[PDB]
S.K.: 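One structure is given below, represented as structure tokens, and several questions about it will come after.
Residue numbering restarts at 1 for every chain, and letters A, B, ... go by the order of the sequence lines. Worth knowing before you read on, the calculation uses all heavy atoms, side chains too, and leaves out hydrogens, waters and symmetry mates. As the structure lists them, so they are numbered: ligands from 1, and atoms in each ligand from 1. Per the header of the entry, the method used was X-ray crystallography, 2.0 Å.
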There are 2 protein chains.
Amino acid sequence: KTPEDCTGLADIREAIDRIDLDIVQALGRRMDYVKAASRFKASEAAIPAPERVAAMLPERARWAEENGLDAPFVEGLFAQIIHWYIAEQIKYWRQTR
Amino acid sequence: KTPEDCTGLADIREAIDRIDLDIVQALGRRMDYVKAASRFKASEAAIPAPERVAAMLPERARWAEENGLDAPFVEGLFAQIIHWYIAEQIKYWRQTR
Ligand SMILES: O=C(O)c1ccccc1O
Ligand SMILES: O=C(O)c1ccccc1O
């Protein structure tokens, strides 16, 4: 149901649970691409790609802005996420070669 | 392209940007449902529903477990997301109710 067709918290919570599961499934598939990424790193030191992160974060802020969400909170959340995936990628690189 | 069909970082980053966009879009729609939730609350006090949050978090850990992601990271990320939405819902309630 749309937010305005929701008759109570049962409806609201079904939709929220679905959206959050979608997010979890996307973060899981995100990990697949991050591991695949390590095939195109020339060295371990290539992994963090700070210029790439610098480009990503304002992009995510813009998306926040365009979707009616506080840009600082979303951008900072994605800073945490991206740096966490980087850390995982390093660990994965080390463990698989 | 699938992670395994990606032929370089150009392909990897296209898919990651698509995934991160879907996540921002989903957080955007989630906000609509959180604000709609408020017309089913009594005062600033019924808003945080601690019994609801407590059931939510290990459900999110489980989904992370089933999607091959570190469960504390995902559980911790959602504690952060959920508590920020509660905050926004209180602000929203003050502003409109
Ligand atoms: O996960 C990412 O988005 C990322 C970005 C830059 C470098 C390494 C990474 O894992
Ligand atoms: O955003 C939520 O998931 C939430 C959960 C419990 C209480 C208030 C809320 O906004």
S.K.: Can you help me out? I need the name, per UniProt, of the chain with the largest number of contacts to ligand 1.
M.R.: Isochorismate pyruvate lyase
S.K.: Say which drug appears at ligand 1.
M.R.: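 The name is salicylic acid.
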S.K.: Could you check which other chains have heavy atoms less than 4.0 Å from salicylic acid (ligand 1)?
M.R.: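 Heavy atoms from other chains: A.
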S.K.: Looking at salicylic acid (ligand 1), does B/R13 have a heavy atom less than 4.0 Å from it?
M.R.: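 Outside the 4.0 Å threshold, so no.
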S.K.: Quick one: look at A/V34 and salicylic acid (ligand 1), take heavy-atom pairs under 4.0 Å, and tell me if it's side chain, backbone, both or neither.
M.R.: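 Side chain only.
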S.K.: Could you establish whether A/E88 and salicylic acid (ligand 1) come within less than 4.0 Å of each other, counting only heavy atoms on the residue side?
M.R.: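 Not so, A/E88 does not reach salicylic acid (ligand 1).
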S.K.: Does A/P48 come within less than 4.0 Å of salicylic acid (ligand 1), judged by its heavy atoms?
M.R.: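 Yes, A/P48 has heavy atoms under 4.0 Å from salicylic acid (ligand 1).
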S.K.: Could you check which UniProt-annotated substrate binders in chain A have any non-hydrogen atom under 4.0 Å from salicylic acid (ligand 1)?
M.R.: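 Short answer: the UniProt residues with a heavy atom that close are A/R30, A/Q89.
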S.K.: Most contacts to salicylic acid (ligand 1) come from which UniProt domain of chain A?
M.R.: Chorismate mutase
S.K.: Extract the source organism field for chain A from the entry.
M.R.: Pseudomonas aeruginosa
S.K.: Using a 3.5 Å cut-off on N or O atoms only, is A/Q89 in polar contact with salicylic acid (ligand 1)?
M.R.: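 Yes.
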S.K.: Please say whether A/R30 places an N or O atom under 3.5 Å from an N or O atom belonging to salicylic acid (ligand 1).
M.R.: yes
S.K.: Any chance you could list the binding-site residues for salicylic acid (ligand 1)? Cut-off is 4.0 Å, heavy atoms.
M.R.: A/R30, A/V34, A/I47, A/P48, A/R52, A/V53, A/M56, A/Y85, A/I86, A/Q89
